[PDB]
> 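I'm reviewing an experimental structure with meropenem (bound form) and have questions.
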Amino acid sequence: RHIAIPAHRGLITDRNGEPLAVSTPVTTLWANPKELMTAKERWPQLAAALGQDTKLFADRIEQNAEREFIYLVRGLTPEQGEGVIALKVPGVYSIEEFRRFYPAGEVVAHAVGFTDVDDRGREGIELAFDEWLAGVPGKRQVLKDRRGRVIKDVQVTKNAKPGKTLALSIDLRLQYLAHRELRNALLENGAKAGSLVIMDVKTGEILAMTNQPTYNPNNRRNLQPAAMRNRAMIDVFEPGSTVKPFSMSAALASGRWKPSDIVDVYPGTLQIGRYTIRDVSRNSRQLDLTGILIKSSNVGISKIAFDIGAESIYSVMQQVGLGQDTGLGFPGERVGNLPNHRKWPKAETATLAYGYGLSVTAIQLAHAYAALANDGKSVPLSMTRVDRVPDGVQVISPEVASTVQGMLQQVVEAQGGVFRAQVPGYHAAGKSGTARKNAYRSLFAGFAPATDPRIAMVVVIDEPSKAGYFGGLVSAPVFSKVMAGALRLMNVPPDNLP
Ligand SMILES: *C(=O)[C@@H]([C@@H]1NC(C(=O)O)=C(S[C@@H]2CN[C@H](C(=O)N(C)C)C2)[C@@H]1C)[C@@H](C)O
């Protein structure tokens, strides 16, 4: 009785108007088997025109002989569709439909996602913003005799309303740079999987989100399953040392600690009841707060955690969004877990403090660094272009955030620091770490320009079979290269000036 009139699906562009998902006209062929059944001699030419086996085609028509609508083929070009319609096969009609094509392809596959056969969002932005993008389908009334001769297509019951254009937060230029550099780093280190997230610290915008391995959304016939995984939003891990700047934020906000305060960590181990906290680097006695970060001392961070209490640490981590909902409403996005133990024994206090007491995603870690870089102000995450920036929330006092930024600038720039993360022409800040899932990931989280932050970035490189990945060796060089390129693409003035 009714045949739907598909609506033009809204265009998806990057933030600069570059096309990412385009509704393109296609011609679909359908048939009324009751009418096709009267023209059996035409079937082989029809089957041959559709590149279909004559018998498989005949069986399909015979098996559907009492039906009034079946699809023959979907998604042909207008010219191909016209050519078959030009054979004048009785009971064979055409529907002008729309099919999504993804011009940037594998470069932004997970972020954009894709639609199903019926042009409905199935993954990523296509799904998250399906109501905005879809539009309203039309309706046409088909009236036939008491069998299969089309008596009336009388009218169109309702016209189609097209979907709405959507500009993503993604900057395809930064996305391409991140994609290329993550693939390069994976090949260099013998790694197979990873993610790279770039964020605008002032606006909450996700400027880049790339996952390796990736896939071509235009050709989804039996791909590798690992390729489909949106790692940045789905791979949950214990962030480890990358959350020590948050434990430091709690220490500075407690009123008990100043950056020049000292902690004795010798001999790089600390016994707490039956348990032993151990530092990987064990060449220290007295360290200031910046030194605890540079040497990544678990003993140093744990002693501070015992002094200030785990409640203060848990609260900073919860306030910056670690193990919390992002509010993006992105399909398949995971939350992780930040356990609120209410009362923490010494062992749980220490493990929380050096980041093995919680599980987060790369997106949550990048959002947490954005808050720190944005002078302690958290702006809601956005996968769409943000024109009017929300007020956000002051989650870390501006004083504490500015102090920790300076400590992280020293982690990158000071003697003995993560020098492979330095960005020529700029001052940069960040912290390397080894994530845990035991499966490991090499991490670098940071932001730049260090003295007036604009961009936050997280690099996650998955550690294969055997260890040996140090975040400072593996992920830090990727941060340097992508950050150098992203700041220049954004015309951010160099801050490393005399
Ligand atoms: C945190 O993730 C763990 C520590 N964090 C780091 C780090 O700084 O990435 C280290 S590695 C330690 C510090 N610098 C040395 C280094 O980078 N190499 C010699 C290459 C060794 C620890 C793994 C923490 C939870 O133990």
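Throughout, numbering of the chain's residues begins at 1 and tracks the sequence. First listed ligand is number 1; within each ligand, the first listed atom is number 1.
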> Which chain is the chief contact partner of meropenem (bound form, ligand 1) here, given by its name in the PDB entry?
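Most contacts: Penicillin-binding protein 3.
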> Taking heavy atoms under 4.0 Å, what residues and nucleotides bind meropenem (bound form, ligand 1)?
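Sure - by heavy atoms, that gives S241, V280, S296, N298, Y356, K431, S432, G433, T434, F470, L473.
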> Does this entry model any covalent linkage for meropenem (bound form, ligand 1), and to which residue and atom?
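In this entry the covalent bond is to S241 OG.
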> Atom 1 (C) of meropenem (bound form, ligand 1): which protein heavy atom is closest, and how many Å away?
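Result: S241 OG, 1.5 Å.
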> Quick one: which meropenem (bound form, ligand 1) atoms are inside 4.0 Å of a heavy atom on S296?
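It comes down to these atoms of meropenem (bound form, ligand 1): 4 (C), 5 (N), 6 (C), 8 (O).
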> Could you tell me, atom by atom, which parts of meropenem (bound form, ligand 1) come under 4.0 Å of a heavy atom of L473?
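Matching atoms, with element in brackets: 20 (C).
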> In this entry, what organism is named for chain A?
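Source per PDB: Pseudomonas aeruginosa.
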> For meropenem (bound form, ligand 1), which atoms have a heavy atom of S432 less than 4.0 angstrom away?
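Once the distances to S432 are compared, the set is 7 (C), 8 (O), 9 (O).
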